Structure formats: structure tokens, C-alpha cells
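Featured here: a structure holding mifepristone.
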Amino acid sequence: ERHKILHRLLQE
Amino acid sequence: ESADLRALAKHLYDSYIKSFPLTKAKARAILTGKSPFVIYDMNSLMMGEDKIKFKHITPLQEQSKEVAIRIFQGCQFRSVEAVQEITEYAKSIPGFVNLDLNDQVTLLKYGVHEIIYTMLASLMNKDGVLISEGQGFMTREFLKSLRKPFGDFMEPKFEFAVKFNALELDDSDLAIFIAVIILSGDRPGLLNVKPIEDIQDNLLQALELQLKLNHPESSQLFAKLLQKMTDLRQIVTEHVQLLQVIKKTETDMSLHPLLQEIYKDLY
Ligand SMILES: CC#C[C@]1(O)CC[C@H]2[C@@H]3CCC4=CC(=O)CCC4=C3[C@@H](c3ccc(N(C)C)cc3)C[C@@]21C
């Protein structure tokens, strides 16, 4: 979760 | 059990279709002639820079240089697209959004290129690859001829694609195969493996049955297919090394933030 763009993609 | 694996196949297929607009069937048609701009060199590249309007962005970088670079940089646009489509499709795999968010990130970080090269194979024949959602066809020979280290950034994928396409999978088969790859429980830094492996067990059962129904005379297809997963890891780790040699020997070319996240700390 210092993959923030990706965390957002997955976060709805 | 049987009916549920069938429903699980049907569901993934459905989301596979929504998630990836251009399909194997769709693209196999185009290739067999069943009218795309052909890119064979630099001039026809630019002249096809209005294939689908253009690969823009095309920010105010990549706009620029020699052919290998122009192409290397256009490849990143398409592969950001793909990561989003893939992320999307992962959310649709039952059980996935229920995983730890950290596990979800890890699965995608490590599985994304395996899936990109799997899906790319649908788009290839021995002679070249489709682009711009089937509006362009980029020749294999053009892609090799790229020099510095950018040659053979694509030759290995062609080599793999030709073997993989011999398996002659369709979209329904591929749908579950891709699910299985994403739900790989041997990813570095997974927090708890058990629930991921439980889901994969399920996709694996469903894949096995799909192969038997859909390809009844293809002996040991299930096995042949899992064996491709090793071919795939090699391409991935070969690709990563290429990446590492670009980030030094080549000039400072920009990288899309999304790609930097996935690339950092992965092998
Ligand atoms: C950065 C980078 C990279 C690569 O992994 C290496 C070869 C690239 C391929 C070549 C041939 C190619 C050509 C283009 O003109 C843009 C796209 C492109 C790629 C990129 C690509 C990424 C995903 C797909 N999918 C999911 C169908 C298709 C093409 C990126 C590729 C695979």
C-alpha cells in the first residue's frame, strides 16, 4: 500500500 | 459442484468481455482477414500516428525521439490501460475484493505482466501484432530491428505467443486461466495465503472442467496450460531485466507513476 495509485484502483 | 464451476466460468467470461473490449475471437477474425494500418518502419509509424487519432498522451514527452524510443514510450500508454482493465477484472473474481487490501495489491503487482503477455498472444500471429484496438498491425520484423536494447523486448513474447496460440485457447478458456494467475498464492510478501489458495483451488477446478468440455480431444490440455505458467514467468523476469538496463544506459526517459509503483521492488 505504498502502491497508492493501485490502492485507489482497487479502492472502488 | 459441476453446475457451480460452470456458473463461475460463465461469470468470469462475462466480466472478461466487459473488461477487455478487444477479444481473441474479435482479433483472430481481423488477422485471418475474416483493413488495419500497417506499421513496418518509422514513416508508417507516424503516418499511423492517426490510426486511432494517436497514442496521446503523447504528453509533451515521448512525442520525440528515434524509433525505438517512440515505440518504447507508446507501449507504456497501452500497458497503463491494460493494468486498469486487469484491476477491474480482478475486482470481479469472487472473493478477491474480500481479501486484505495489501494482498490485493501484491497479487496485482506480481500478476499483471503475466496477464499482459497472456492477453497479448491473442493479438499476435507469427508475423506481427495488432494495436490500436485492431486498427493497426505492427510487424514482428520491425519490432526486432529496433536496436539498442529495445530489440528483443518483444521477440521473446512473439516466441511465447506462437507456442501458446498452438494450444488454441478461446476467450472462455482464457477467462479462467487469467483468474487462476491472479490468484497465485506464492507471491512474495503475501500476508495470509490460505484464502487466496482456497479461491485458486476453485478457479483450477473450473478451468479443468472448462478444458474438458470445450476441448475434448486435446489430451492433457490442463497440464500443458499450467506448464505455460513457467514460460510466462521467464518472459516476465526477462522483461524486468530489460527494464533495469533502460533505467540506466538509456537516457532519462519518463515513466508513468503507475508503472513505477509496480516495477519498484519486484522481480
Ligand atoms: C512498457 C512495455 C511493454 C511490453 O510489455 C513489451 C512489449 C509491449 C507491446 C509491444 C507492441 C505494442 C505496441 C504498441 O504500439 C503499443 C502497445 C504494445 C505493447 C504494450 C502492450 C501492453 C498490453 C497489451 N495488452 C494487454 C493486449 C498489448 C500491448 C506493452 C508491451 C506488452
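Simply put, chain letters go A, B, ... down the sequence lines. We number chain A the way the PDB entry does; in order, the residues shown are 685-696. We number chain B the way the PDB entry does; in order, the residues shown are 207-240, 245-477. Per deposition record, X-ray crystallography, 2.5 Å. Computed over heavy atoms, backbone and side chain alike; hydrogens, waters and symmetry mates excluded. Each ligand, and each atom within it, is numbered from 1 in the order the structure gives.
Looking only at contacts, the largest set of contacts to mifepristone (ligand 1) comes from what UniProt names Peroxisome proliferator-activated receptor gamma. Lab note: other chains with heavy atoms under 4.0 Å from mifepristone (ligand 1) -> B. Closest heavy-atom approach to atom 25 (N) of mifepristone (ligand 1) within the set B/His323, B/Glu365, B/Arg288: this belongs to B/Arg288. What sits closest to atom 4 (C) of mifepristone (ligand 1) on the protein, heavy atoms only, is B/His449 CE1, 3.9 Å.
Between B/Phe226 and mifepristone (ligand 1) there is no heavy-atom distance shorter than 4.0 Å. Below 3.5 Å of separation, one finds no N or O of B/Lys265 facing any N or O of mifepristone (ligand 1). Going by the entry, the organism behind chain B is Homo sapiens.
Of all rosiglitazone-binding residues UniProt records in chain B, the ones placing a non-hydrogen atom under 4.0 Å from mifepristone (ligand 1) are as follows: B/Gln286, B/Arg288, B/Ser289, B/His449. Lab note: contacts of chain B with mifepristone (ligand 1) map mostly to UniProt domain NR LBD.
The binding site of mifepristone (ligand 1), defined by non-hydrogen atoms within 4.0 Å, is formed by B/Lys265, B/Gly284, B/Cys285, B/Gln286, B/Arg288, B/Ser289, B/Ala292, B/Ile326, B/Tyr327, B/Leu330, B/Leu333, B/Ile341, B/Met348, B/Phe363, B/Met364, B/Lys367, B/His449.
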